[PDB]
Structures are given as C-alpha cells and as structure tokens.
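Each remark here refers to the structure printed beneath this line.
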Amino acid sequence: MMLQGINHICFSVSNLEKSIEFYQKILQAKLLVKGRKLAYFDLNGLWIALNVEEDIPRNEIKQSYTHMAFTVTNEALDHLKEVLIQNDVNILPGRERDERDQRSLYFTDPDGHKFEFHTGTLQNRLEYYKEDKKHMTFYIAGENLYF
Amino acid sequence: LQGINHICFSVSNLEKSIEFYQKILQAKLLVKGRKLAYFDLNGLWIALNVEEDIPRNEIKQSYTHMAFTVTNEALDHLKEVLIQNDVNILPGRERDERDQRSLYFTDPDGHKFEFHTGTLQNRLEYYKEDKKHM
Ligand SMILES: C[C@@H]1O[C@@H]1P(=O)(O)O
Ligand SMILES: C[C@@H]1O[C@@H]1P(=O)(O)O
Ligand SMILES: [Zn+2]
Ligand SMILES: [Zn+2]
C-alpha cells in the first residue's frame with residue numbers, strides 16, 4: 001500500500017574516510033556511527049548512509065542531471081559557496097536561470113553525486129509558473145463584460 | 001541547511017517515467033511540460049527533467065539509492081505491484097533478521113529505490129545490541 005515518507009539515502013563512495021569529511025564539512029551532516037565500509041549520518045532528521053564500493057566506473061554519472069537539493073537562505077548560499085571554494089569542491093556550472101527560479105549552487109561529492117543549495121521552494125516554482133500562466137490569460141470566463 | 005528542498009531525476013522518456021513515479025512510488029503529479037514534471041510525494045518535491053541523449057549503463061554498478069518507509073504488509077503487496085508492472089527488481093543484499101525487510105528496484109533509467117520496513121533507530125540498536133553482546 002502506501003509509502004509513509006523518506007526513509008534514508010545511500011551513497012556509494014570509493015573512499016569512506018574522505019567521504020565522511022565531505023558530508024560533515026560541506027553538508028553539515030552529523031556522523032552517528034562508522035565501520036570500514038559504512039557510515040551513518042543525521043542531516044536535520046534525514047538518515048544518510050555511505051556504503052563503500054571500491055572500484056566501480058564513476059564517469060557516466062557526470063553526464064546525468066540527477067541531483068539532490070537542500071534549502072538555504074540567501075546569505076547562507078553566499079557563505080557556502082566560499083566554503084565550497086576553500087574546501088576544493090567541484091562546483092558545477094548550473095543551467096541558465098530566471099530570477100524567479102531563485103538562486104542555486106550546484107556541486108558534487110568526491111564520487112560525482114550532484115548536490116544543490118537552493119533558496120527557493122516548490123511554492124515559488126509553482127507560483128512562478130502560475131504567474132507566467134496568468135500573463136497569457138486575457139478573458140476570465142465568469143467576469144462581467146461592459147457591452 | 002534547512003533540510004531537503006527537492007530531488008531531481010534525469011529521465012529519457014517523460015511519459016514512461018511519469019507512470020513509474022505515479023504507479024510505483026505513488027507520487028502525486030502537479031505539473032507536466034515538454035521536458036519536465038513536478039510531483040509531491042509524502043511532502044517531498046520530486047522533479048523529473050528529460051535528457052534523452054546520455055549514456056545510462058554504469059549506474060548499475062553503484063549501490064546509490066533512496067529508500068521509502070513501508071509497513072511489512074505494504075511490502076508484501078508492493079512486491080506484486082512491482083512484478084505486475086514489470087519493474088526492474090534487484091535481488092536483495094544479505095540481511096540479518098534485525099536488518100528488517102526491504103525490496104530493491106529501479107526506475108526505467110536505472111535510479112535505484114528501496115521499500116524499507118525499519119528505522120535508523122532500529123538499525124542503530126541492532127548495531128548497539130551487537131556491542132552490548134561483546
Ligand atoms: C541503510 C543503508 O542503505 C544501506 P542498506 O539499505 O543496505 O541497509
Ligand atoms: C527543480 C528541478 O530540479 C530541477 P532545477 O534544479 O534545474 O530547477
Ligand atoms: Zn534542483
Ligand atoms: Zn538502503
């Protein structure tokens with residue numbers, strides 16, 4: 001039957017020791033336990049796992065726009081971009097934006113998993129597209145016309 | 001960080017993936033477009049963006065996946081949903097009983113998902129109980 005909500009995310013990593021420092025520093029995840037092949041994090045109530053897969057091809061992932069986004073404020077976005085620069089993170093060129101899309105930062109973990117810091121919400125994105133829609137509406141049936 | 005904003009999956013065929021996300025993950029469609037679709041799944045903003053031209057073969061070797069919470073009988077029923085919809089079911093990893101029950105599968109483009117019947121706390125305890133034992 002029904003799915004109740006998100007349970008956990010698992011990331012395949014090639015280096016447990018370096019991936020831990022990435023997820024702690026860049027994503028501010030709180031390490032809960034670690035072995036030699038696993039690490040569990042709490043990220044604001046979200047269970048995140050790192051599972052080691054030592055030698056797999058990780059080149060095609062760079063070509064896929066599949067990504068995970070986290071919410072930050074505008075001042076936080078600018079703090080984080082500097083943090084990502086001083087911590088040597090691969091920062092992706094994002095797509096062209098509209099100002100109504102709200103600002104974003106795209107980047108990857110040491111194994112190519114794409115992440116995003118976003119200032120907007122689903123609200124805005126739907127409020128965006130709906131305003132665009134209203135722009136193309138000239139006759140509102142039900143309205144009373146003069147003549 | 002304020003938590004998860006949204007998750008985006010690159011798909012090759014929009015209508016084919018939209019059905020998957022509708023029928024398998026039970027996500028509620030909000031809006032479609034030429035190369036996009038937005039859902040709401042248990043309060044999560046799920047987005048699909050289409051990219052037809054890219055190679056999607058190496059994604060098979062990575063254990064990277066996203067898990068959703070289900071009850072044990074939801075899992076039983078969901079297993080037949082997968083099979084009936086010819087969903088790419090992966091055989092599970094070796095599990096202790098305290099691992100709780102799971103079912104792993106992929107969407108048409110190789111993104112891996114899991115229906116899981118446990119919690120992190122369930123798992124931490126199974127790990128902690130191991131320490132207590134020793
Ligand atoms: C919970 C971490 O994702 C791994 P599992 O699903 O193999 O337990
Ligand atoms: C919101 C859907 O993920 C895409 P975007 O990040 O390019 O806007
Ligand atoms: Zn995004
Ligand atoms: Zn899992």
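In what follows, chains are A, B, ... by sequence order, proteins preceding strands, each numbered from 1. Method reported for this entry: X-ray crystallography, 1.6 Å. Counting convention: from 1, in listed order, for ligands and their atoms alike.
Found at ligand 2 is the drug fosfomycin. Per UniProt, the macromolecule in most contact with fosfomycin (ligand 2) is Metallothiol transferase FosB 2. Those other chains that come under 4.0 Å from fosfomycin (ligand 2), heavy atoms only, are A, B. Within 4.0 Å of fosfomycin (ligand 2), judged by non-hydrogen atoms, the site holds A:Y65, A:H67, A:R95, A:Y106, A:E116, A:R125, B:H6, B:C8, B:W45, B:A47, B:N49. For chain A, a heavy atom less than 4.0 Å from fosfomycin (ligand 2) occurs in the following UniProt Mg(2+)-binding residues: A:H67, A:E116. The contact set between fosfomycin (ligand 2) and B:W45, taken as ligand atoms under 4.0 Å from a residue heavy atom, comprises 1 (C). When heavy-atom distances are rounded to 1 Å, the UniProt active-site residue of chain A nearest fosfomycin (ligand 2) turns out to be A:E116, 3 Å.
Atom numbering of fosfomycin (ligand 2) starts at 1 in the shown order; those under 4.0 Å from a heavy atom of B:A47 are 2 (C). Every atom of fosfomycin (ligand 2) with a heavy atom of A:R125 under 4.0 Å away is listed here by number and element: 1 (C), 8 (O). For fosfomycin (ligand 2), the atoms sitting less than 4.0 Å from at least one non-hydrogen atom of A:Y106 are 5 (P), 6 (O), 7 (O), numbered in the order shown with element in parentheses.
Under a 4.0 Å criterion applied to the non-hydrogen atoms of A:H67, fosfomycin (ligand 2) contributes the atoms 3 (O), 4 (C), 6 (O). Under the PDB entry, the species noted for chain A is Bacillus anthracis.
Fosfomycin (ligand 2) has a nitrogen or oxygen under 3.5 angstrom from a nitrogen or oxygen of A:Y65. For fosfomycin (ligand 2), the polar-atom distance check against A:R97 finds no nitrogen or oxygen pair separated by under 3.5 Å. Within chain A, the UniProt domain with the largest share of residues touching fosfomycin (ligand 2) is VOC.
Using a 4.0 Å cut-off to heavy atoms of B:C8, the atoms of fosfomycin (ligand 2) that qualify are 3 (O), 4 (C).
In terms of polar-atom proximity, defined here as any N/O pair under 3.5 Å, B:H6 does make such a contact with fosfomycin (ligand 2). Less than 4.0 Å from fosfomycin (ligand 2), one finds the following other ligands and ions: ligand 3 (zinc ion).
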